[PDB]
Peer 1: 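Take a look at the following structure, please.
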Amino acid sequence: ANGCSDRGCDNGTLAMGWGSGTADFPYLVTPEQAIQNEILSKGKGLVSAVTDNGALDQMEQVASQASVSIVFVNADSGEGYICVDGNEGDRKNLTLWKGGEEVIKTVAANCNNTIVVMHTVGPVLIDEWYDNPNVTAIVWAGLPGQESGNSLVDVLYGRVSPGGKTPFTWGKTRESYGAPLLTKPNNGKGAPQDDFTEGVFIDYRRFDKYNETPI
Amino acid sequence: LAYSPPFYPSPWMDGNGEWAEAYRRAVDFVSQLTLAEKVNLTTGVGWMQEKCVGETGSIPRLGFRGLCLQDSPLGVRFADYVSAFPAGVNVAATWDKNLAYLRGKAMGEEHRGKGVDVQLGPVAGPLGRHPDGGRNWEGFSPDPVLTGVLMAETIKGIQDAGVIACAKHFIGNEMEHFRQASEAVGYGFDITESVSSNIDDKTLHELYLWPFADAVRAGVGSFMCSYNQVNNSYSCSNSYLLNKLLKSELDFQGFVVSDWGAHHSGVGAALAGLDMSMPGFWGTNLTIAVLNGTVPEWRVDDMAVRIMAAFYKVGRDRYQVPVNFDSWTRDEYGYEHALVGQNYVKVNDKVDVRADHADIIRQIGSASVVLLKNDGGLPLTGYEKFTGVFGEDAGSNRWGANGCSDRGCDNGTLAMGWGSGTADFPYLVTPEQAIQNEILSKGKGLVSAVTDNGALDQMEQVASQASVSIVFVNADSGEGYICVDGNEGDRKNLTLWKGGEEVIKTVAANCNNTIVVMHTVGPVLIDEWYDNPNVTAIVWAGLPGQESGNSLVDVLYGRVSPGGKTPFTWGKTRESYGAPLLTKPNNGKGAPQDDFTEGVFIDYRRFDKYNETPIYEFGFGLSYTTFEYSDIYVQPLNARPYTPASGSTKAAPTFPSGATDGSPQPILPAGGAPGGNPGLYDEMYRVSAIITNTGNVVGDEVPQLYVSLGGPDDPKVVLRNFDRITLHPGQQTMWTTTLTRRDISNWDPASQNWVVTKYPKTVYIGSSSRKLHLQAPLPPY
Amino acid sequence: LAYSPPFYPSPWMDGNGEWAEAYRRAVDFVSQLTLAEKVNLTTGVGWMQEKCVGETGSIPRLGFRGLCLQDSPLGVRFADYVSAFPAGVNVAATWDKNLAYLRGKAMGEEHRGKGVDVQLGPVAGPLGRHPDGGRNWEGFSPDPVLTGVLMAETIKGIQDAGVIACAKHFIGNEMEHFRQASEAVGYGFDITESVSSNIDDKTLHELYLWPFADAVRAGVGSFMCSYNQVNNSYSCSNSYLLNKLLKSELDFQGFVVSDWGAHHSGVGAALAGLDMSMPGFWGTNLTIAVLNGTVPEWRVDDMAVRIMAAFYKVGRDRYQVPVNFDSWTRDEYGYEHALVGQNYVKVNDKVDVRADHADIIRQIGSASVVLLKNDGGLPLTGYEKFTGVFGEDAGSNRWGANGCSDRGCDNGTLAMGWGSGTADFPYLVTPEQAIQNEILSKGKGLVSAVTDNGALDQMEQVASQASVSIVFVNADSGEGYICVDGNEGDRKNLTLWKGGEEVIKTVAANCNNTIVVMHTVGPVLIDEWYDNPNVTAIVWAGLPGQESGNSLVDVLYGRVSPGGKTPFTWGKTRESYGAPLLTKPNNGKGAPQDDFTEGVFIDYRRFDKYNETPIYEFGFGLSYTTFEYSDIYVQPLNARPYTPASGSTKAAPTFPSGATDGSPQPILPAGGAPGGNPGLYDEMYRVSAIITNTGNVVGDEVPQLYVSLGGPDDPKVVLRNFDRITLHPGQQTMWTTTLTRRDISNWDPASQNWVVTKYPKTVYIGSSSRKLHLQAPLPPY
Ligand SMILES: OC[C@H]1NC[C@H](O)[C@@H](O)[C@@H]1O
Ligand SMILES: OC[C@H]1NC[C@H](O)[C@@H](O)[C@@H]1O
Ligand SMILES: [Mg+2]
Ligand SMILES: [Mg+2]
Ligand SMILES: [Mg+2]
Ligand SMILES: [Mg+2]
Ligand SMILES: [Mg+2]
């Protein structure tokens, strides 16, 4: 759980971003673990976890047999002194990491009761899959800390009704958000200038002003 | 070239004793059949042509469907909503007859619930000649008695549940190399024939054949003849093997089925003792050979009656339901060809047969853990401040528990070997999972799992902070048609997989309270770390099936005192075991020759003979309590003198010299009933000793009785009986068993019988093959 | 369902004209044989039983060994000390009859030197219906004329070298998906029969059959019938296909062999036109069928004499030497079973047959380069200050040039596709190697090679500093028994492999003089980068064989001006091509149905019909110089009127309704001679034009003659002729060809003959399918 210094990787379940804004896990309950504990303490149905986003064949064959498919995807970011996968602190895009989008599409193509769980540091572009009819539910779970799997299953299995609201907008495009990120110097060797030209119009204020409909 | 003499005619059933009812009904059935219908029972339908791994032809005129033959020895293969049981080697490590029986019953239940008629197991061949033999883990133990006893219990469990068991593989299939020429060609070898296991008559009787005798006497319905040759005759057309040893001496009443595509002499195989050809030409030729008198009618009558006797013996007439799953797809529906066009039919009903079988699987898991070392490491409490979990073998198969087909990989925790001897997991509880649950339900200390064997920096980091480090390592193997990491079924070495030894050393250098759990199919060379003072405990846990993690923690955290004993030897070197694997053909393009020159001296017998000291001897295991042995007592029973069997068989009924002879035949001196001349099972001595729990916790001991037969060529000791016994602190018990005539005899090739030699015999009772606490002479009479 | 009518009896040889001497000698030989000896010629000895990919039985009484049949279309497969030639698709890109011929001769020389009797090639099926068909690269072009001409030249080359050639696969094997049931099952599909290519009579005649007619007429000794069905009858037992189309209409005189395990109705296949069964179990069944009269004597006789006729036609009697290599091992010696014991025999002589064939392989490599774009990028000088080389496709196969079995991987530079259509490299010169050699022998500027497609930082690093950046990308495919990266033979998409597109974009972002080199088995979608202004040149180089890097740099550095033309279309989308690949069974468990509904409208014909603009049109390619077309002229030749063939065969000699009829048969009106009614090849018009090099360097131009047949359902244009012509600066030539009656005809199903329709025809001469510079009417007469 603490195998990457300052959490500077995206290995396994994402429960914390990277950099100084971190702490060590005393332990980390994964979704895999909590879901298996749930099943095996109740109906004791079948349960298998394919946790390699490259094993698409296995996902097809397990998903075809499933009453329900619970898909996990993430996107990470952190402090600028750490770079992961070409993300220099800031995110180089709003894609799901490690081919998460392909995981969703594969599973959804084989199971008409697919649940998508998103552990992301912020919004990702979901236009391509959110309206898939085979995706019967979608949750965002963020960075839940040490109890991730347990906190999640409490909701998924109905002990707690979900009552969170997204504290940022989910847009169709990166352009929807305006405010492009300055990634190349614009004042020679001197201080770059990030001009806050949009004023108070960030996030939903921007969407509202340009009458753009969020997802 | 070593030679297999002919033996004809192929003996017909007696249907005496426990087989009488079944024979009577088989006869009434076969009497009604055409020749074509009888032949159908003997003929497989074709590879993947129906639902089961093999099916016979049907008899629709009588509303009799073809038999369903399905793998495996540890579960229902190629099926959904089934359980994954511990491997046979785990069963051997329990030394527990009752558990073996109950595992059989539960497996039988699952097969029955799916519509299976024949479960293709259990396994006593391979026995375990080679520590690196790929399929040993499917069986039990290199020891013939341990294997034979648990084989028998397993069979009774399966058949009591209403399914035909199939003792396999008969015989001499002690390695995967060169088992089948086509397979060896796939590996770049140029041979046209399977290897020949060259086994002398004495060695056969006293080692490899022994557990099959137990199988026969346990009432097993079928046998499977092996892919390899024995003395340069393929098992499945080896008249000496099948007609003499199996069907005369051991008086087997059931049917012999071929291994799948096991080469045989077609119609000649039938005359040599084969009853059923799998998987499926033989149909037509058998019909023709009967019609022209090449095969006599009584032979085919006998083939059909054996098959149907097996069917009735286990109550298939009562317990049969439609085959409700498909081996070759998990789809619910599928197209099938019809007389006109096609139909779209139900092919999988997804019938859940698991019942409560997770309990017996957890229990056998716990009972099969062997405590090899404990200098104050175990048990744990669950209140440890910081628990470190280490090794890929702790973690998940990232492709899903069934993500490797036929389990043909070593991803995550190893709970099952590869090949036909498999079943799909309904789920898999990993050690990582079970250990975290244990901590988080108790003291809730720190716990971290580093499950990448390359992440050595992290293991140091974590181990150096841990109150306890629990390290997981494995070694895998399986059937020859699958190669993993250059292990062509057979293991290419006795090393821990994936740098496991490095994981152990790294962790132990950083944590002075290191616990090592080995999930191995067999022995590995541990000389370099077992004696590390920082390794405070070592367990072997084998291949535990679906409840691996849970079964383990029950032992590690002290709910169950470990009571398993190692069913094979842990030597210092590969050379210690002798019997090197033949991995290069030695007969040009012909059948390689694997000569069994060591005789009966495999595993512990070899170590004892050559005075090599094991790291951990056969039969060794520790407990969380202590036991004391006292007061051995030997009572001679004055059994009746042995009488060689004599007289005649009946004439062959209807419902190569001698092959068509249906006249009465002479009984062999060592035959005369299923399992051999009944005088062999006469009790000669009663032997007693007192076992006392001298420790502070309830625990199981496995007392062991060994015999020294006393000759220059005899092993110093051979196991002859054992039991598993629960004792409360301070409680004592008298362990009483008997030695049969067979138990104290040697095979005499000249007289073709078991003899009690004039060499003085000693009996020993102890806690392992080397810890022989008690002894007494066996006084002759 | 689509249906294939019966056509019986199976036509027997005429041995007229060019075949008379071969027929005479075959008769003399077959006259001497027993029936068993005749059947031996027709029967393969079994998979991997002897030395060659296939062998017939022998006739030792006359010292006649079994024939040796050996892959591949581009070299001697499974052999040492041989050359690896460029693939067929490269030959197609040359548009060079002469080069096609010389490649045939060289391959033929090599086969000959090894003792091969039959080279299993070349390929005109797959023709190329699907851009994603896995085996298209083994053939030539989706265009029937281009393929037919070069097919014929290749055949003449092989056979002129004293080896029998084999036109395959006949017919309709346009994809790998579902070609064989067992293979489909291996991929997890549930079917029991091969896909059926459903092709109407007109489409067959005007598209798929056409090149095969060319092969017949070129004197090809053998045909191989395909795995798939045609109109729901397997090619190898399809009487319409073999008896009617091949052996009557096209009057083929040679022998038909099956693809390896290509399914047929056993003895009924022989009646349907099959002559030879590979690889092998029908020998005794054919013998019996002849004895009981189900197969006439004249049929088995005709089978034997066709095989021997092919043998004598290419002069096997003069050129045969013992088979001096082994397909299944590189060992010098090996064991063989004998009447008793074994013989140790020589199995490989390591006969070096490469001669000087590296020269032609280099030359064809260079001639098959197609320059698709050039805005001042090429040629290079070798005096560039800094050359960057980018992409794994520039580098070495790290497992060795032959490190992937049957080239079944995409390691390093792609010079050959995968499957049976392969041969071993004696060496492989990579682009990395050749470019460094070029720089270091000339200007000795800087040069670096980043051959890891994941190393994007380094590519940016180096590309930023480069004078020129040379980027290498590939896309691979092959035979269906091999899957690479989810491509089950056929390509799962038309993307560049291993992120080639990202390499291109990364490099072009940092270097404004980026050259892209594509080694692809067929088209890929390049819409996103081809028009990038930083990409100053684009070349397709295909699968160049052993001299890849050398042949390439010869062009890039201006020693050879590129003159290749793309032999297929480069479209904007996959949908552009129509004819989507069937990758999902559509007839339940039965034969999938592949309907060729687009008719003759494949590749450029489709694009033309829908008025869709390709990125690069069929027949397009640039030069380092410019060419000018002028002054077309059409000369009517006033040919004799077309006469339907009439009269009757002779009766079948000896040495299903109609299947046993040996009586004189009527000649089909479109038959009469090998390749069709001779009147079909009468010259109708002579068409000529002046070509001039108007630039500053020597170059090759490929002028092309297209015809508009003028009907409402005719393609706007079809290729009818072409040549490759070297012109120095300011050099002119008169290019003159003739149009045959076939060239201006349509197939008429009602009359079963080629007809010249009344619609006005127009002839075009141009530099591509879309660059039709000159045109003229074809005056009716
Ligand atoms: O899968 C059927 C059969 N195949 C071959 C194996 O040797 C045998 O154990 C198994 O039962
Ligand atoms: O290798 C033999 C044979 N196998 C099957 C292929 O389709 C054919 O092209 C090849 O010649
Ligand atoms: Mg089926
Ligand atoms: Mg008997
Ligand atoms: Mg050979
Ligand atoms: Mg003719
Ligand atoms: Mg197709």
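Chain lettering follows the listing: the opening sequence line is A, and each later line takes the next letter. Note that chain A is numbered according to the PDB entry, with residues 432-646 shown in order. By the PDB entry numbering, chain B shows 23-302, 312-686, 736-861, in order. Chain C is numbered as in the PDB entry; the shown residues are, in order, 23-302, 312-686, 736-861. Every heavy atom of this structure was used, including side-chain atoms; hydrogens, water molecules and symmetry mates were not. Only a part of the entry is shown; contacts are counted within it. Whatever order the structure lists them in is the order used to number ligands and atoms, beginning at 1.
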Peer 1: Which macromolecule in this structure makes the most heavy-atom contacts with ligand 2, going by the name the PDB entry uses?
Peer 2: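 Chief contact partner: beta-glucosidase.
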Peer 1: Among AR-42, AZD4635, 1-deoxynojirimycin, S-lenalidomide, which drug or drug candidate sits at ligand 2?
Peer 2: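 The one found there is 1-deoxynojirimycin.
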Peer 1: From which other chains does some heavy atom lie less than 4.0 Å from 1-deoxynojirimycin (ligand 2)?
Peer 2: C
Peer 1: Mark up the atoms of 1-deoxynojirimycin (ligand 2) that fall under 4.0 Å of a heavy atom belonging to C/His191, in ascending order.
Peer 2: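 Once the distances to C/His191 are compared, the set is 7 (O), 8 (C), 9 (O).
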Peer 1: Is the closest heavy-atom distance from C/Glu510 to 1-deoxynojirimycin (ligand 2) below 4.0 Å?
Peer 2: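 Yes; C/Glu510 lies near enough to 1-deoxynojirimycin (ligand 2) that a heavy-atom distance drops under 4.0 Å.
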Peer 1: Hey, which atoms in 1-deoxynojirimycin (ligand 2) end up nearer than 4.0 Å to a heavy atom of C/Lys190?
Peer 2: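 Numbered from 1, 1-deoxynojirimycin (ligand 2) contributes 8 (C), 9 (O), 10 (C), 11 (O).
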Peer 1: If we only consider heavy atoms of C/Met246, is any one of them less than 4.0 Å away from an atom in 1-deoxynojirimycin (ligand 2)?
Peer 2: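 So C/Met246 counts as touching 1-deoxynojirimycin (ligand 2).
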Peer 1: Specify the protein heavy atom at minimum distance from atom 11 (O) of 1-deoxynojirimycin (ligand 2): its residue, its atom name, and the distance to 0.1 Å.
Peer 2: C/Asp93 OD1, 2.7 Å
Peer 1: For C/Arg99, take its heavy atoms, then give the atoms of 1-deoxynojirimycin (ligand 2) lying under 4.0 Å from any of them.
Peer 2: 1 (O)
Peer 1: What organism is listed under source for chain C in the PDB header?
Peer 2: Thermoascus aurantiacus
Peer 1: Show the atoms of 1-deoxynojirimycin (ligand 2) that are less than 4.0 angstrom away from any heavy atom in C/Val75.
Peer 2: 1 (O), 2 (C)
Peer 1: What part of C/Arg201 sits under 4.0 Å from 1-deoxynojirimycin (ligand 2) if we count only heavy atoms: the side chain, the backbone, both or neither?
Peer 2: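 Within the 4.0 Å criterion, C/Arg201 contacts 1-deoxynojirimycin (ligand 2) through side-chain atoms alone.
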Peer 1: Can you tell me which portion of C/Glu160 lies within the under-4.0 Å heavy-atom range of 1-deoxynojirimycin (ligand 2)? Options are side chain, backbone, both, or neither.
Peer 2: neither
Peer 1: C/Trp282 versus 1-deoxynojirimycin (ligand 2): do any nitrogen or oxygen atoms come within less than 3.5 Å of each other?
Peer 2: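 No.
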Peer 1: Can you tell me the protein heavy atom closest to atom 5 (C) of 1-deoxynojirimycin (ligand 2) and the distance?
Peer 2: C/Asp281 OD1, 2.9 Å
Peer 1: At less than 4.0 angstrom from any non-hydrogen atom of C/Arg157, what atoms of 1-deoxynojirimycin (ligand 2) do you find?
Peer 2: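 Matching atoms, with element in brackets: 6 (C), 7 (O), 8 (C), 9 (O).
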Peer 1: Working on a figure here: which residues of other chains come under 4.0 Å of 1-deoxynojirimycin (ligand 2) (heavy-atom distance)?
Peer 2: C/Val75, C/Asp93, C/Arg99, C/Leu142, C/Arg157, C/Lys190, C/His191, C/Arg201, C/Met246, C/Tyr249, C/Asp281, C/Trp282, C/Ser451, C/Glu510
